[PDB]
**Q** 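Quick one: this structure, given as structure tokens, is what I'll be asking you about.
By the PDB entry numbering, chain A shows 4-359, in order. Remember, it's 1-based here, ligands and their atoms both numbered in the order they're listed.
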Amino acid sequence: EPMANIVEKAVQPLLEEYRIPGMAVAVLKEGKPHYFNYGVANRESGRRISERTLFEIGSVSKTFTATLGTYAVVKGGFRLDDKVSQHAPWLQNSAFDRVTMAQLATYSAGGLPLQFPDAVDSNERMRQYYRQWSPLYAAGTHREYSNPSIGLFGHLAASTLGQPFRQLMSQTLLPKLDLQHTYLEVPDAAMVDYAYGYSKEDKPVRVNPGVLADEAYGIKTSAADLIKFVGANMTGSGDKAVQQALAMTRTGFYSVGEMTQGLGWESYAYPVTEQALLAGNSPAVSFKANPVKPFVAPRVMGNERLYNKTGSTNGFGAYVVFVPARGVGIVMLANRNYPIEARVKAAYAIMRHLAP
Ligand SMILES: *C(=O)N1C[C@H](NOS(=O)(=O)O)CC[C@H]1C(N)=O
């Protein structure tokens, strides 16, 4: 039962039902990446999808943001249990005197919403938004997945090292991870590689700037670079501080059902049922506030576990999953924003074949 036939069997129903123009799949197994490419980057250009095509990975970006944050912890910028206002004096006498940096990163500050209100379109309006925000829940008790929440975490983390987020990401973290095809903004020389997204109206679309977009959803990368980042999260980085940063993202803070929330990555005990993996990625978890089952203290989660993250933009749909103990990772990048349940079912089938 060859890998190639397992991947085809899992992916073809996606390509068919969702009319996906282009998909790049990368599988890491036995210490080597394997690439499976389908379709086109741009319906109005000749270049086919390859493992070098750049896709918008949307909220998978939060795994990079989390790693920048833990890098700042390693470098002494802050501690995860610090109050947010320690690092943002403009938030003195706000909710953020009680919220911790870890709670921002884990969407548990107390009901920060999925998106900023549309009116928040500048740095000053962003600052005012956080100053004015009235919590819905006590700090730490509820998970409400939130771009403003992890966005502020990344912004403040970089500030503790005296740098803008984009600078620290592009000049320190990505180079130390040796990621040469990963961008917050795609440079001119790489534009030939940048796919277009295809919206639910079948129109070609690209992500536009937004408040804390870099932190929450802004990375463009290839399947080759993203599977390299997955590998770093399994067998490590040769940069000592980056390795400490990567390891620290495995810190779990609470659970919701069978899912444990870490920094960026969400994880499950492995073996994991398909039902549990679907539930943890479902709208009931992703787009509703859920009361958490708290941990007494944050806990490093282990190798015998499945780590994952979904992400989407207008016209793009990404999913990444890996099991460190098994040495298997899967990256699926598409230029259609197709259903998360379908991403999960396909990846689950591939994973069950490669880690029975
Ligand atoms: C992430 O890609 N963004 C935030 C949120 N992510 O939740 S998901 O991974 O379950 O899709 C919704 C989609 C997206 C966004 N529109 O900001």
**Q** What's the drug at ligand 1?
**A**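 That's avibactam (bound form).
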**Q** Give the name from the PDB entry for the chain that makes the most contacts with avibactam (bound form).
**A**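 With more contacts than any other chain, that's Beta-lactamase.
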**Q** Starting from atom 16 (N) of avibactam (bound form), find the nearest protein heavy-atom neighbour and note its residue, name and distance.
**A** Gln118 NE2, 3.5 Å
**Q** Check the deposited model for a covalent bond from avibactam (bound form) and report its residue and atom.
**A** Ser62 OG
**Q** Give the residue and atom name of whichever protein heavy atom lies nearest to atom 7 (O) of avibactam (bound form), and the separation in Å to one decimal.
**A**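 The closest heavy atom on the protein side is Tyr148 CE2, 3.6 Å.
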**Q** Looking at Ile343, which atoms of avibactam (bound form) are within less than 4.0 Å of one of its heavy atoms?
**A**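 In order of numbering, the contacting atoms are 8 (S), 10 (O), 11 (O).
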**Q** Where's the contact between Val63 and avibactam (bound form), heavy-atom distance under 4.0 Å: side chain, backbone, both or neither?
**A**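 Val63 to avibactam (bound form): no contact under 4.0 Å from either part.
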**Q** Hey, which atoms in avibactam (bound form) end up nearer than 4.0 Å to a heavy atom of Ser289?
**A**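 Near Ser289, meaning under 4.0 Å from one of its heavy atoms, avibactam (bound form) has 10 (O).
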**Q** Looking only at distances, please establish whether an N/O atom of avibactam (bound form) is found under 3.5 Å from an N/O atom of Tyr220.
**A** no
**Q** Please identify which atoms of avibactam (bound form) are closer than 4.0 Å to at least one heavy atom of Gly314.
**A**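 Reading through avibactam (bound form) atom by atom, the close ones are 2 (O), 9 (O).
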**Q** Check each atom of avibactam (bound form) against the heavy atoms of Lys312 and keep those under 4.0 Å away; list them by number with element.
**A**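 Under 4.0 Å from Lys312, avibactam (bound form) has these atoms: 9 (O).
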**Q** Under a 4.0 angstrom heavy-atom cut-off, which atoms of avibactam (bound form) come close to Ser62?
**A**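 Those of avibactam (bound form) that fall under 4.0 Å from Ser62 are 1 (C), 2 (O), 3 (N), 4 (C), 5 (C), 6 (N), 14 (C).
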**Q** With a cut-off of 4.0 Å, which atoms of avibactam (bound form) are near a heavy atom of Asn150?
**A** 4 (C), 17 (O)
**Q** Going by the atom numbers of avibactam (bound form), which of them fall below 4.0 Å from some non-hydrogen atom of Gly61?
**A** 2 (O)
**Q** Looking at avibactam (bound form), does any of its N/O atoms fall within less than 3.5 Å of an N/O of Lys65?
**A**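 No - when backbone and side-chain N and O of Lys65 are compared with those of avibactam (bound form), no distance drops under 3.5 Å.
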**Q** Which residues make up the contact shell of avibactam (bound form) at 4.0 Å, heavy atoms only?
**A**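 Heavy atoms under 4.0 Å: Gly61, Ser62, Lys65, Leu117, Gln118, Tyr148, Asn150, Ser289, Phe290, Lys312, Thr313, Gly314, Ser315, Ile343.
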**Q** Distances under 3.5 Å, N/O of avibactam (bound form) against N/O of the protein: list each pair and its distance.
**A**
| residue | atom | partner | partner atom | Å |
| --- | --- | --- | --- | --- |
| avibactam (bound form) | 2 (O) | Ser62 | N | 2.7 |
| avibactam (bound form) | 2 (O) | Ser62 | OG | 2.3 |
| avibactam (bound form) | 2 (O) | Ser315 | N | 2.8 |
| avibactam (bound form) | 2 (O) | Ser315 | O | 2.9 |
| avibactam (bound form) | 3 (N) | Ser62 | OG | 2.3 |
| avibactam (bound form) | 6 (N) | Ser62 | OG | 3.1 |
| avibactam (bound form) | 6 (N) | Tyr148 | OH | 3.4 |
| avibactam (bound form) | 9 (O) | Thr313 | O | 3.2 |
| avibactam (bound form) | 9 (O) | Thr313 | OG1 | 2.6 |
| avibactam (bound form) | 10 (O) | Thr313 | OG1 | 3.4 |
| avibactam (bound form) | 17 (O) | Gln118 | NE2 | 2.9 |
| avibactam (bound form) | 17 (O) | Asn150 | ND2 | 3.0 |

